[PDB]
Amino acid sequence: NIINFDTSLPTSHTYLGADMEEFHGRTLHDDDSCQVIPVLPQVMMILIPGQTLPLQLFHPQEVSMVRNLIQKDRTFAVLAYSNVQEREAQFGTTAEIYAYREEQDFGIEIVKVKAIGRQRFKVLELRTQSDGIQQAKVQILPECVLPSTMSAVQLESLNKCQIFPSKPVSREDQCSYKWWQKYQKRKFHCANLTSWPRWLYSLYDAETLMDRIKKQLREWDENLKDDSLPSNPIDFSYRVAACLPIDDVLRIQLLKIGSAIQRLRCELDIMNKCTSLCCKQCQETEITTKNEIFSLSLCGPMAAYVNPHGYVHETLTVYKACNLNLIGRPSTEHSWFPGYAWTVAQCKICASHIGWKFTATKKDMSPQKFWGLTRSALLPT
Amino acid sequence: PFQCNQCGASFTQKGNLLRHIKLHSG
Amino acid sequence: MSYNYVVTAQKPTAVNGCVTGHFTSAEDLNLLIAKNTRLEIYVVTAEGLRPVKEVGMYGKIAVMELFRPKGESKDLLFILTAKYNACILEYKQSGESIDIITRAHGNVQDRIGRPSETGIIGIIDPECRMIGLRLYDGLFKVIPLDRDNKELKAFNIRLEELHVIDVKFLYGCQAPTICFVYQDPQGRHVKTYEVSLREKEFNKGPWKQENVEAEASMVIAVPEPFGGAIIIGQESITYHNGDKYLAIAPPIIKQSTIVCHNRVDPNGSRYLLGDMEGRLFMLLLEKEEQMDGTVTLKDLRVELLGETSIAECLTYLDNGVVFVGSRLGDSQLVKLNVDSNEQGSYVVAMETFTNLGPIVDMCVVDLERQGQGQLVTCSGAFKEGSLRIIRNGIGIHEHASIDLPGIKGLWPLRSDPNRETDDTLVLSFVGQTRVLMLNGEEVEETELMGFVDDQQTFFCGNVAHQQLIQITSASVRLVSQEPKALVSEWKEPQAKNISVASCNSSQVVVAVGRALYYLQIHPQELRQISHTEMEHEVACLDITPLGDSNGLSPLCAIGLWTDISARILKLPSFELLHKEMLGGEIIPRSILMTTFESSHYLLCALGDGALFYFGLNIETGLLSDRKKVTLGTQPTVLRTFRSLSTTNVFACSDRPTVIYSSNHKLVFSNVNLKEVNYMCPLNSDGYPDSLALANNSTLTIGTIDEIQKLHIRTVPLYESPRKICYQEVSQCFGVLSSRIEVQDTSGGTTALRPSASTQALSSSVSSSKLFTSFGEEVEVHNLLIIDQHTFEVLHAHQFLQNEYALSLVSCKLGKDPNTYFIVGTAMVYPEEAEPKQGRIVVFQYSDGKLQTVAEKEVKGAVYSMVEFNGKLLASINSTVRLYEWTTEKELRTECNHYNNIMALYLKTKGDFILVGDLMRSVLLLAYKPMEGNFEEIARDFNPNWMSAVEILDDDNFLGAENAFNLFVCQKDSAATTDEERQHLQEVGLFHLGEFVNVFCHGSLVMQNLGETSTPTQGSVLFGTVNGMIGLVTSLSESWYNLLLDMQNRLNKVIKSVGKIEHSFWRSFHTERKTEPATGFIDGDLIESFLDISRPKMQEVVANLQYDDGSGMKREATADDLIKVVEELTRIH
Ligand SMILES: N#Cc1ccc(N2CCN(Cc3ccc(COc4cccc5c4CN([C@H]4CCC(=O)NC4=O)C5=O)cc3)CC2)c(F)c1
Ligand SMILES: [Zn+2]
Ligand SMILES: [Zn+2]
């Protein structure tokens, strides 16, 4: 079920435009400190560091705020929305601008900006400015890194037996179930000094957890070896958390976790314990079960795209989707996928908008076999 | 020009567009 | 708000490094051993190892190498601490005092850097030009070795190779040359660099990089005339020299990989090798080739010597003796005899040094004496596994019991000349002296003819010339053995009363009133030679001959009741050779002179229960050596019982003790008895080698255990023991253990050696149905029932194949009066990653057999189990479950709790439950009995590695975490804010320096009400990987403040080896952050307050304000401090 498509245009966000003022990322923070950052309202999105955000700006005061941010530290703060409305926020992330284009178009200003997350934080207070853009008191959250669990109890003499030869070949049977067995046998050999077996220590190994997650991802859809998957557990965990089909509360729980190992364990538990989905306002459907969650993009099954009216929707690309009805013609105006034509998909029961049917425009592609859902109404069970 | 914004649904009249808008509401 | 006090009850024993060289003197050959925080210095003698110095440092020794720079008479010692504390030490002694001075010291850590994953490497130039250190990946640290480098300043050299396996300096090089083996994506290569100092960069190596075996690990440098380096891998040992290159692949080294090595010859012609499973090789080099004077290597023969302990480190002592140091088993001394070959083994074990590490689990039991507990640990791994039983003091094994209503004194007697066996014990009361006769175990009383039946005898001892001298209260009336008639009787001419009696084998120096007359024991006569009078009342008399002669005492010191002073005077005279006035107020109780192992001493026991140790000079006079220890709380009578081929002294008092010398310093033991007032050695025929201890209530005879403060008994199992628990109703221990069984080429598994699980009395195999390649090794987990008396494995239950026994509990449940063994296991398969199913199995040991009353299958891995008010509280995967035991002998679920953490650790204190995981995510529960559901009282999540937990109290929680630290959490239910009642405040930090595996409640001292109790509350022990036993007990706020002030004052006085600050070491250390210790009092530092001199003891205390119960007392004294620290030392 493979189609000759270049999985770089959905990430490139070519639907907005091409003549974009490319900006290089050179922002950071002093780690675990108090800061003040302006917040752009009217955004309902839990954002993870490394996740791409496409934004459309309409109100003049928001345009002024983003322009001042550009002539400043070009980082705003995406707030974390819980179930309770009215800015019931306790966490958030900092988004960095790398993508600025104004274009007053019909004489407005419509700043089109694309940003990604860089750091996490917690809001201490939400100060409201009379201008219309609230600047909140921000405490930057450090990202903890932990050493190997065998470093403390390791035997000094058998430390030379700790550099294993590089992994043999790739994606080959018995090149993993034996190499990893030997790796566990030789790495956590000092577990005999403690009260816990080797497999328990491998349950907390950063490398082993990433290997398990990679196996599960390949079970979902074929990933091209090291298909842009970072070797660092930090970025790997962040990417996995970004691509998982989970609701807002699960995303904020993954965001508050401060250690990569705990994040990887939580993600592996989530995708080994959640199989059935549903849509809000029904709580009665199971459209698009896990075993068919494809990924027709570099970033993964889930990504962020924006309509021509500022509204941002995160979509889930799946192979098949039943229990749906169609309204409207297969338009090709502002489809986020250049080689596809979009159609409005309505829920067959609650008639609350979930999904978009897609059709064919070319030859070497999948004709009318495509679906992109939304997190507007999508929860796991 | 009758077209929804929360969704993207397109219409040739206004009654169904308003029905869609109020269905989005709530 | 924690106020905890932590102290060490047993120092670490595992060896992590050892060297030899001329450290103490240029002529002596020393063996230096690093245990952990301790450095041990020996002298290699013909007999064996002679201890010289025992010194502990403020860190964990990671690098320890002896080097002798040009212009130095004896070798120096470089030590690197795991906190990157570098120092150079020089041994120095001045007559009798020994001090390890620090020539240079410093800290070599970097501001930013990821520590290397292959560990710390410390190497030294053979020409002593610099020290190479590999502390971080991609950086090589160089310490130039100059006389001006007192701060140990180092510079970094960028190593383009990130992964470096092993590096060592080469011999016979014009410039300092390192030759390291490193890793690439293309494989493993050996490279060599020419380290430069002026340019501060590397250079071109002597020879080119060579591709080596894909698993080459270790490098050894071959001294001249060979040169080059030998690269030892897992399959082939190769010799590289550039132009020269040889390589063999011996088949004897393919079973296990070599991890350690040692050079036996100064020219490097032979080498020693040791591997993981503990056998010893011998790499031999042939220097046959000789072209024009130069000699080059020709062959690389490899031979097998035998089998030793699992060697952490080797070192070849002189004359065929090899010290095989171990870190997970007993250290050893072996002999490389060449012509013996008893069975194909060239090694014969000479010595064996006790090693308690690692400790995996422990239980405090009262095995022998009620009230005083004992420690039984799970020590060792693989073939070195065993059990160690630890008890404090020297116990007394009673063999008789008699009723003595307050006997005022017991003295030996032999009413049979030429019999060599005592027959009657001369027991003297306040009014009568009855000589009880017991040929065997009789309770008869045969009165002596020469002894007055109605008299409080002061002395009854055998005299020469077949006579018995009995200095009774009335007078010194002698007696005879055969005729049973009083040959002589020295009545008082002035009708005075005999107050103090002290007679030797031939001399008798007694005092009546204020006058003391020295009367010799003439043959069948009582003739004196001198007389004198004392200014004050003679409180006690001590006239004992010293070593040799044994016929006349050169000196006779006495105690004055009204003066409280001791003056040395000769027996035939009265002049005071030397004067001493130790103590005061209360009159001395008993004066004694000691001669422990060619060390003449004189001990004075005051009436307040304190003993003042002091040396003596054989010729004339004596030193002072002013030091007093409160060895009890009542007046004590000091006697001498040899019983060891050494003098020894029994200090019978409210707290009995034995004063003993280990090497040359006297030490104090403890006798595990309630209270012994009077005692005497008795080598009776019916009771041989005994010690008649007559207490204040009854008389008994027993034997001394040993002359050691701590006694460790080893029970070898030849397999790894995992968990241990005690069942008193059956008087047996339950031990989980595992042996390695290798799959042979027959479809089964074969054991490597006989084990305690395959050499048991009876056995059983788990039989239930609730549910690769040849040479692979798998673990077989067994449950062993061990007898509490003979420590023989009574049973060996074998679990299901591929089943891992995780936890073990011995408890009774519900209304069933039987006690059970409950084991929770996990079925682990290599294909899967997280266990899916596991078992909870209940055993019962009755009638010498193990049965299985009930098994319960669970969907998870039962990591821990505890007993919860007669119910079972199991931890299945990431849930905690409460189980109810019915009358149907089956478990039923009673309550669950779904967490997001793996409940590895479970505790219970009343209705509280402490839950933790390996990520230090502590969580507190509470069982609501009226409603039967757990409630989360509070939470505390902080990403770290947690090793153990414990409940200090209902509001305090102790734990051990990453980088060998300790911490204490505490809940505050009194807070009125809800977001804080669900938060655990961290109120304590500490850097223990050890990796704790287990926490246990109890203590090794005898528990008594004591009325006043102790300043400390509770008692928690712990055992670590290095094999050390600690103790932590809570404190009061005032005591905590006073001890913190004391600790701050001691650090300004105590100078530590390496000049490492105590505040820096105890600070809570982590790879990302560091913060000072709070809420913990260092017990070792406070205990070291008694070992300092009087001037320093005065410098420590100036403004403590010790007085708390009213009063300030700005002086706060210094002997007041002794009383406080003595009580703190008495608790372990
Ligand atoms: N003040 C002021 C002011 C000034 C300027 C304004 N503008 C008016 C003119 N606009 C141009 C225009 C309108 C309409 C379209 C059609 O596309 C639409 C429309 C509506 C919703 C959605 C889509 C597509 N779509 C999804 C489908 C799935 C997918 O794959 N991708 C998507 O985008 C939607 O959900 C394209 C361009 C732009 C400027 C203004 F509105 C206010
Ligand atoms: Zn629906
Ligand atoms: Zn809509």
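Chain letters run A, B, ... following the sequence lines, proteins first, then strands; residues in each count from 1. Determined via electron microscopy, 3.1 Å. Just so you know, ligand 1 is whichever comes first in the structure, and atom 1 is the first atom listed for that ligand. The figures that follow rest on heavy atoms only: side chains count, while hydrogens, waters and symmetry mates do not.
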Legend entry - Drug present at ligand 1: mezigdomide
Legend entry - Partner of mezigdomide (ligand 1) with most atom pairs under 4.5 Å, per UniProt: Protein cereblon
Legend entry - Chains contacting mezigdomide (ligand 1) (heavy atom, under 4.0 Å): A, B
Legend entry - UniProt domain of chain A holding most residues touching mezigdomide (ligand 1): cult
Legend entry - Covalent partner of mezigdomide (ligand 1) (residue and atom): none
Inset, instruction - State what the entry calls chain B. - result: DNA-binding protein Ikaros
